[PDB]
Every structure is written in structure tokens, then in C-alpha cells.
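Consider the following structure, which contains CNTO 888.
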Amino acid sequence: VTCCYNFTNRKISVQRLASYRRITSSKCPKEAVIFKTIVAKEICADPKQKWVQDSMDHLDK
Amino acid sequence: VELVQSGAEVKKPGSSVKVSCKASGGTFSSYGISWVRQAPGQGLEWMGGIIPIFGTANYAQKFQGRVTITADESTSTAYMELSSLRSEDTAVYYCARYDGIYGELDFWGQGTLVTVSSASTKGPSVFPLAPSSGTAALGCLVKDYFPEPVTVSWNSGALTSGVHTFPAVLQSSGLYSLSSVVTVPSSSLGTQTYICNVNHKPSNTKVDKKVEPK
Amino acid sequence: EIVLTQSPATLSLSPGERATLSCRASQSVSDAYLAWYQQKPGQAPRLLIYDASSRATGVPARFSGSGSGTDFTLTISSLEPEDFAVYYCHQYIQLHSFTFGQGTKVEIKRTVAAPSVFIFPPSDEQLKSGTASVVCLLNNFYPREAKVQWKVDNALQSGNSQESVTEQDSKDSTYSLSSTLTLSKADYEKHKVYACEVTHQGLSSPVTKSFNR
């Protein structure tokens, strides 16, 4: 998945998240977190959104 | 998103049944298919699901050693084979779409009826329930047929008001029985004909029964 | 492994009243991964609420869900009569093991209405078949609960009669019930007096309808 144009508007359980990668506001529309799902696919998420932060550092630990 | 399931089955106890579910797309590259059943008048039971890009299914333990759920990518059809069938397996079997990253069953198939019994496909015997001692009740006994369902109308659909078609009850013979009744004005009993129209599709039976006073 | 327990079993409310259904889980459901389904008689379940509190697609505004962990509630704010259904809860946090609640039935409450009682002897045609069914009909009554007892030669019968009850009528909110006495021609011909006796709260005294062969 290249860039993000729309964010997911539905919170995902961390149990369904394998890993994340960031994307930046350069050469690409909006800064976003891209979650790698337990089911292969990637979801765009809003880094300003709260559940995204908590998912990110849960994944880190 | 349509889920189109294969037709009703009748099986002897001890055998197996394979139910299909064709999903509209080629789009189970993003979703999975769940199988959920419901015995008559009972609740919802999960049986298992498959997310096709995993190649393998998960099963509810009540069925664990008995069920196989598969998926074929080329035709976008999911399957559910249940073996060692018993009467408790008599149920409506639904397929339902879900997202692996969530899980709510958001779209459902129309269901497949599987009837497990020793009984043989049999057309109903239809007898009149003749009115007698303001308004009168009359009807039809739809007797000893297998399997469900049966449809009943009156006067080819022209009579609908006051009509009660009771749920069929399973007899101790494994056969089904119901009555369809209607209330009408007493004064019409001599002057109007009442015919119940019974259609039992599984045995290709259509019966029309004149219901007269005596 | 997560058991969902719904209460109450049946909910009786008049139109316009508020409906509150419960789904308690044996374990904490982890990210509100809980759903509500509506099932009207002889129809496929319809998704009402997902994620415990999100109203689904094409779902009327009066439906709402809420709660988290183990306590979940479904709310129908102003009950419509077309809401006569069974409602089911469903956890989906355990992908490998989806589970459902046993279901809560929501029923329209109305004024007490006594049944009309009719008895049908076995038809000539049926006897010519070898069997005899004696049908007793309880028509348009409320509430659902009714006692039907068969008196054959004034002897109170037991377990030789099946009953069937209709779904609550969408128009008048009543129920109808049939109690059938099924026999063989010979067994039917053993006794003379066949009586159906109906007890229901809408009747001040039990109602008997009978005939003689």
C-alpha cells in the first residue's frame, strides 16, 4: 500500500494487528500509520487519533 | 454482496451433507465466510468459519470432529460438509460474511434447510375441517408429510383475512402435521365455496380441498 | 469458551414503551467486539449493532446498543409492533470461537383478550383413511399462556395431544393455538364423548367444547 487518502473510522483490536509502519507528509498526501493486519491487508489510520497511539506502543512492547 | 446458498437437503441419519454458498465477487481476498445454524424454534449456533487466504478453517468444538469448511477461490464459493448426521442436525444452515479484523456477521445467505431423518419424502394427506356448532371456523388438516415446508392458501389467495396456518409439529413417526384454519361469517357457509390450496414442493404435490358444512 | 447469557427470556411491552435487553458475558469481551442481531419469524438474522454501540446499516434510530467488558445492553427506545422478534448477542473477539447468546424474545403487550373456542370432529374422508384427528382451536387470544385439556369419555387425557402456536399477529397482537388429538380409526371408535377444555385468564370460568360420535 502506497499512500493514504482516507483513514479508517473504526477502531481495531490490537489482537488483530501484527505490526505498523509510519508514513510522512512528504512525497505523499497525509502523515499516517499503516497497520499490517493479522489477515495480510493494510489499514490506514489517523496518528492524531487516540486508539492508534495505544495500538502503536502496545505493538512495540 | 449476495450470498446464494444451495437448496434444501434430506438425509438419512449417519450420512453426510455438503452445503454451498456462492459469494458475489471473487472478493474473499478481504473477508471470510461463517457457517451458522438454527434448529426449529432454537437459537443460533456457530459452526465454524474460513478466511480463504488462510486456506484453513476454524471450528466450534461441538462439531469439531464432524465438520469440514472449505473455500474455492476460482468460483468464490464456500462449503460446509457435516458428517455422522443426527436428527439434532435438522436445522436451517446459514452462511454469513465477516471481516477477519472485526467479526460481526454483516451479510447473510438465505439459508439451507437440512432435514435428517429415516423418513422418506412424502406428499401430505389433506382433510377438511368442516364448520359447525355470528362467525364460523373452518379449515384443513395437512397430515403426514415429509419434509418441511408446505404452503397453504385459500381460494387461490383471494381469502387471506382471518387465516391461521399453524407451525407444523414433528410427529413420533418422523412425519409432519399442521392445520390451516380460517374464520368466516356463518351466513357465507352455504353460499361461498372454501378451498384450501396445499403445495408441498419436495414431493411435487399440489392438493385442493373443498371444505363444506356437512 | 465465552458464554453469553441474555435476559430476560421474553420481554412483554406495549407499543411505545422502552425495551432493554441484556447480554452478560462469562469473560470480558476485549474491544467491544460484541454484536446484536434481530430475527423476525421465518427470516434470516439481521445485523443491528456492531462494536457494542455502533448502529448498523439501514437500522432505525430507535435501536441503540451500549456497554463494555461483560455488561451489554440493547435498547429499542420506542417499541414498534414490527419489532416482534428474537434478538441475539454475539461476541467475535475470539476469531477461533464465535459464540451467541441464547436469545431474548420481544413481544407486544396488549389488553387481555379471551379465545374463541372451536372443536372439529374427524372428517369422513380422514376416517376413510384409517385415522382420526380431533382438532381444538383457540382463536385470537392474549396473553399467549393457555391451558388446554382433553376429556375423552370424561377421562382427563395426558400426552396424547400436540399443540401448535402461531406467531403474534402483526395486526391485532393476538395468538392462536391448535390442540390436536390424533388416533387410529379403531382407537377413536373406542370412546364416545370428546371434549376440549380451555383455561385462559380472559375467561372467568374454563370453557368446554365437545361432541359425540
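Chain A corresponds to the first sequence line; subsequent lines are lettered B, C, and so forth. By the PDB entry numbering, chain A shows 9-69, in order. Throughout, chain B uses the PDB entry numbering, with the displayed residues spanning 2-134, 140-220 in order. Chain C is numbered as in the PDB entry, which gives 1-213 for the residues shown.
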Where would I look for CNTO 888 in this thing, copies and all? chains B and C
Which macromolecule is the chief neighbour of CNTO 888 (chains B and C) by contact count, per the PDB entry? C-C motif chemokine 2
I need the epitope of CNTO 888 (chains B and C) on chain A for my notes, heavy-atom cut-off 4.5 Å. What residues are in it? A:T16, A:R18, A:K19, A:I20, A:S21, A:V22, A:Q23, A:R24, A:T45, A:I46, A:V47, A:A48, A:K49, A:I51
Give the paratope of CNTO 888 (chains B and C) towards chain A, heavy atoms under 4.5 Å, by chain and number. B:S31, B:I52, B:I54, B:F55, B:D100, B:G101, B:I102, B:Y103, B:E105, C:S30, C:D31, C:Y33, C:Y50, C:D51, C:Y92, C:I93, C:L95
So what's the source organism for chain A in this PDB entry? Homo sapiens
State what the entry calls chain C. cnto888 light chain
